[PDB]
Participant: 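The structure follows.
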Amino acid sequence: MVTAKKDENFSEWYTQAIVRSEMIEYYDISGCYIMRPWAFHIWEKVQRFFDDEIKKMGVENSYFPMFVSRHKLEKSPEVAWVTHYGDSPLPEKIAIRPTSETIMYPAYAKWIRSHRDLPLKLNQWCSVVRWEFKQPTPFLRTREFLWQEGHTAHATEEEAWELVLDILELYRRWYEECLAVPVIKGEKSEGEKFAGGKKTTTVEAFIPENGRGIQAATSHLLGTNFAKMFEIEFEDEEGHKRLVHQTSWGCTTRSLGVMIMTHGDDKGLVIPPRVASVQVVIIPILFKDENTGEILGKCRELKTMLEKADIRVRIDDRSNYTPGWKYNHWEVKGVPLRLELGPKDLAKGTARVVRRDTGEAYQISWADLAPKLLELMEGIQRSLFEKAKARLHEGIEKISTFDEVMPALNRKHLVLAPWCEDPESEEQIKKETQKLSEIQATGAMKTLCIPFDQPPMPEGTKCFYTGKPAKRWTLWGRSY
Amino acid sequence: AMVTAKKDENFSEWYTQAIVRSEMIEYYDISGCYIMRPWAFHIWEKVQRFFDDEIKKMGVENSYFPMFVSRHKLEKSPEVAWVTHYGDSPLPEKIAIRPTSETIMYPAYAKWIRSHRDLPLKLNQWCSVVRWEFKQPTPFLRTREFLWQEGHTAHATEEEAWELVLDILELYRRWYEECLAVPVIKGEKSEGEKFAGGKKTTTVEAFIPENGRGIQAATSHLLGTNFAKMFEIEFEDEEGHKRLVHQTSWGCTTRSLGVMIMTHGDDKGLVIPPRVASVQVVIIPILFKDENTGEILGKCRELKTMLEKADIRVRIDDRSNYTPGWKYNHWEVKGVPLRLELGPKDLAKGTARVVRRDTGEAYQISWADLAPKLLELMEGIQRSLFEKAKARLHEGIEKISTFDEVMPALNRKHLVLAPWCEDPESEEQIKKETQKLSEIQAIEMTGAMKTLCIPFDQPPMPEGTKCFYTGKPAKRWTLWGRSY
Ligand SMILES: Cc1cc(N2CC[C@@](C#N)(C3CC3)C2=O)cc(NC(=O)Cc2ccccc2)n1
Ligand SMILES: Cc1cc(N2CC[C@@](C#N)(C3CC3)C2=O)cc(NC(=O)Cc2ccccc2)n1
Ligand SMILES: O=C(C[C@H]1NCCC[C@@H]1O)Cn1cnc2cc(Br)c(Cl)cc2c1=O
Ligand SMILES: O=C(C[C@H]1NCCC[C@@H]1O)Cn1cnc2cc(Br)c(Cl)cc2c1=O
């Protein structure tokens, strides 16, 4: 049972939702959490979608070591260092991977020798470790987390940039098509991009209850800098030695946290049908032996028919729990549809179906069950996305001048503002907004992204902070 | 680009050449760790899909537990890797990288299990583990870091747990025999060889004829209640008394790829069974550089589309800057089970030439006949690969009566099946005796013979049969040999 209200104390609500639904368990090492099966099911679904999609692009999976030698990593950072095997010291300490550039690119330098070898497109599913001192949040910001990382090498910059954009569109689909979470595609600012690359692109999500943006996934154009550092070169069709043009990209189980925060309500989780391991739960109403074998035989009959429409169905015929307990259990876990079958329903040839997202109840004849449920699930998925998109739209304010910023931040909104893109000004804006928030008593505003979808920039439009010529419309807000 | 070491002359150099020249592995500067390149990883993906699909029907659910365990939870030093520092700062308590996840999972089991309604609890996880041994590593077979799955279940009764132990072991038999076409023997480990944390260890064992060695392929343990005692994993039963759960654990690793490589490979390189080959059919246009007109590649595309609508895994090697013969050798070293050749004559006849990797036999096939024919050939290659390997397994096991038969059989690079009293002291004695006799032989890996398993499939034990070593009453036929 969830008792905290989402719109009152959001942090207590989130903790309740993910504990009481059995998504997470705590662990004695700070910043690490156990991912229980109810959460892991969702990860498996988005992993299958993304993996299928990158394979059609020619990306192949691989597995590189979890350890990197001190002198290879440092070609200290907040990495976990292994210094001993048993009681014996290693002659050189080794780190646990925070990301695998230093592990993979020496191999790329060995494998790439001619244009015949390109493009090289690899991905791996693994976990990484970033041992930060700060407060962790389950799914969103943890010390160890699951994440794929893709790394590619190309003969030209244009082919690399094309892949960057293709991958970022896959991340838009991971969020919007699977998880029903709306995201904004954009470029990172110069101060916010990956330092080892040329251009970083991102999908950004918005959490209306605390007003914060959160980076959902990222796709980098690395250019040739790592090719220089690692000596990744190839002979072109005319004999000349050239540097490769690289990309890298990743997305994590943070996606699940964003889903939970987007669609959850006062009763617990709400799982979008496309990633629900159980789409429909059938609950036999058993009491005083009122037509028991009748009811359970019928439930089995219904499961088989729905499955023949590829609906993912679970009968909760466990005998150790009451029907009321089952209603609340599957509601807190977010199953899209609950189908109730009792003696009355069997006498009438119908089932009672309740939608998780809106609570609406439907009396459906057995014959109609499969097509109707399909309609409902399409309806649920679509409505989850559309409601979320409306909230995203209501949470962004277009502004012209800096004087509008603090009122907007106080409404827990993001701002879209014309910006000159000077890196000094982003540093100044972060400092000023933090100071102002402090005085009104994590308050800094930073750039979230420069969106791909740019409204026109009228000639003569001035930067909202510096008064210099504005270049592009930029999304700002408080953030994770 | 070609394998030159012969499998039956210098097996270790053959194995290294096969897995490097096929682009399955890459070396790494940290000893005992290797990079798993896509040609190998695809196979792992296929066996992972099979096993995952099968355990899900048993109600096992996947999960993910942390890779780290606190010093005081692991030591509830071992050969584990210890993290002692974040950046330059010491941890107040060092933490180990998981060598297996019992000490990470079972405290959560103790929290989750309170009543009989909570059972059975059935979890699995796919992850990597680390065992920092100082012995020489072998790619795929024995490494410091390896991918695996490990499953862990808890039950209200011993009979239910034992049923699951046996169901999982049958899945491991199918992983090897049905996916990888490797024959394995199901058996029970001896008291000295079982997992000390458990009551009974079952195994599937494989055999490598070229070096005469047995190798453990996968394992499934009946843990009993010992871990339930240690972690206080108890439940209130249907009548209200606290009871210990009965547990199982089981695991299988990428060692299964190394066993497959050693079982089917030949002097030309790898041979990949069709059921796990990421490319089942490579189409090689007989086309030379700057000669592409569109005729050959156009038909190659039409053929690939047709074959794919039969769910055949097809690749066209249309790479412009390699000759067709180079391509033939490339994909032979990689073990692609079927090569489809398409050149000018094939176009002029409406046929294609298909060559199977395992035997080299060639077939002329009409375009229209390709899809069913290739399906048939692949079923034939899989079956044949398995049936030849099973024959070698059978030729490699000698049934014996007395200890004096043992050294001759080991010198033929064979395993022995022998009646055994099952006394643990005698297995220690046999290991030492065979090691010393091997040493003396070698003057004029170790030579010790150990138990591999006590097979499930037991021939009758005639009344009065004596143990081949102690002369005491024999209990069960036991499989022994030199081992990994
Ligand atoms: C679960 C998760 C996710 C992510 N990040 C990063 C950006 C990214 C995106 N987009 C990655 C590129 C894919 C993402 O998801 C990052 C993290 N931990 C951390 O920062 C370390 C940490 C540990 C304890 C407290 C505070 C911080 N934890
Ligand atoms: C690749 C792989 C596999 C396996 N093992 C174990 C038994 C088992 C079986 N069956 C596991 C239960 C599943 C298996 O496969 C074990 C290993 N490394 C090691 O012993 C550590 C090591 C490191 C360097 C040199 C020598 C030894 N490396
Ligand atoms: O991890 C990255 C860059 C990219 N790597 C490939 C997957 C997508 C990802 O955005 C940035 N990054 C982030 N955090 C890090 C923390 C440490 Br500790 C180190 Cl050494 C290095 C890094 C580091 O390189
Ligand atoms: O890892 C095991 C027992 C079982 N765990 C679950 C998967 C199947 C597997 O056989 C035995 N084992 C093997 N090697 C180990 C190495 C170290 Br180091 C430690 Cl601490 C512990 C162990 C250890 O417990």
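Lettering follows sequence order; numbering is per chain, from 1. Each ligand, and each atom within it, is numbered from 1 in the order the structure gives.
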Participant: Which pharmaceutical agent is found at ligand 3, per the PDB annotation?
Facilitator: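 Answer: halofuginone.
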Participant: Tell me which macromolecule has the most close contacts with halofuginone (ligand 3), using the naming in the PDB entry.
Facilitator: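 The main binding partner here is Prolyl-tRNA synthetase (ProRS).
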Participant: What chains, other than any belonging to the drug, come within less than 4.0 Å of halofuginone (ligand 3), counting only non-hydrogen atoms?
Facilitator: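 Heavy-atom neighbours of halofuginone (ligand 3): A.
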Participant: Check whether any N or O atom of A/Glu149, backbone or side chain, sits under 3.5 Å from an N or O atom of halofuginone (ligand 3), and answer yes or no.
Facilitator: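 Not met; the criterion fails.
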Participant: Within the structure, is a non-hydrogen atom of A/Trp131 found at a distance of less than 4.0 Å from halofuginone (ligand 3)?
Facilitator: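 So A/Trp131 does not count as touching halofuginone (ligand 3).
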Participant: Do me a favour and list the nearest non-hydrogen protein atom to atom 11 (C) of halofuginone (ligand 3) with residue, atom name and distance?
Facilitator: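 Nearest protein contact, heavy atoms only, for atom 11 (C) of halofuginone (ligand 3) is A/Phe194 CE1, 3.8 Å.
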Participant: What protein heavy atom lies closest to atom 24 (O) of halofuginone (ligand 3)? Include the residue and the distance to one decimal.
Facilitator: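 Answer for atom 24 (O) of halofuginone (ligand 3): A/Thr99 CG2, 3.5 Å.
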Participant: Halofuginone (ligand 3) and A/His220, any nitrogen or oxygen pair closer than 3.5 angstrom?
Facilitator: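 N/O-N/O distance under 3.5 Å: yes.
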Participant: State which organism the PDB entry lists for chain A.
Facilitator: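 The entry lists the source of chain A as Toxoplasma gondii.
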Participant: Under 4.0 Å from any heavy atom of A/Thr218, which atoms of halofuginone (ligand 3) are there?
Facilitator: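 In order of number, 10 (O).
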Participant: Using a strict cut-off of 4.0 Å, indicate which atoms of halofuginone (ligand 3) neighbour a heavy atom of A/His151.
Facilitator: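 So the atoms of halofuginone (ligand 3) that pass are 6 (C).
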Participant: Could you name the option among A/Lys193, A/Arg97, A/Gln215, A/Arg130 that has the heavy atom nearest to atom 13 (C) of halofuginone (ligand 3)?
Facilitator: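 Selected option, by shortest heavy-atom distance: A/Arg130.
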Participant: Just which atoms of halofuginone (ligand 3) are under 4.0 Å from any heavy atom in A/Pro77?
Facilitator: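 Answer, ordered by atom number: 20 (Cl).
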Participant: When you compare halofuginone (ligand 3) with A/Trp249, is there at least one nitrogen or oxygen pair between them that comes in under 3.5 angstrom?
Facilitator: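 N/O-N/O distance below 3.5 Å does not exist for this pair.
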Participant: Please state which protein non-hydrogen atom is closest to atom 16 (C) of halofuginone (ligand 3) and give its distance, to 0.1 Å?
Facilitator: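 So the nearest neighbour among protein heavy atoms is A/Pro98 CB, 4.0 Å.
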Participant: Please list, in number order, the atoms of halofuginone (ligand 3) under 4.0 Å from a heavy atom of A/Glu78.
Facilitator: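 Reading through halofuginone (ligand 3) atom by atom, the close ones are 18 (Br).
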Participant: Hey, which atoms in halofuginone (ligand 3) end up nearer than 4.0 Å to a heavy atom of A/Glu101?
Facilitator: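 Every atom of halofuginone (ligand 3) under 4.0 Å from some heavy atom of A/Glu101: 3 (C), 4 (C), 5 (N), 6 (C).
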Participant: Could you pull out the residues near halofuginone (ligand 3) at 4.0 Å? Heavy atoms only, by chain and number.
Facilitator: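 The heavy-atom site around halofuginone (ligand 3) is A/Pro77, A/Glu78, A/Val79, A/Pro98, A/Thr99, A/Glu101, A/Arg130, A/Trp147, A/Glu149, A/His151, A/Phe194, A/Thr218, A/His220, A/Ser248, A/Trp249, A/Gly250.
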Participant: Write out each pair where an N or O from halofuginone (ligand 3) and one from the protein are under 3.5 Å apart, with the distance.
Facilitator:
unit_1                  : atom_1 : unit_2   : atom_2 : d
halofuginone (ligand 3) : 1 (O)  : A/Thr99  : OG1    : 3.2
halofuginone (ligand 3) : 1 (O)  : A/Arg130 : NH2    : 3.1
halofuginone (ligand 3) : 5 (N)  : A/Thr99  : OG1    : 2.8
halofuginone (ligand 3) : 5 (N)  : A/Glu101 : OE2    : 2.7
halofuginone (ligand 3) : 10 (O) : A/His220 : NE2    : 2.9
halofuginone (ligand 3) : 14 (N) : A/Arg130 : NH1    : 3.3

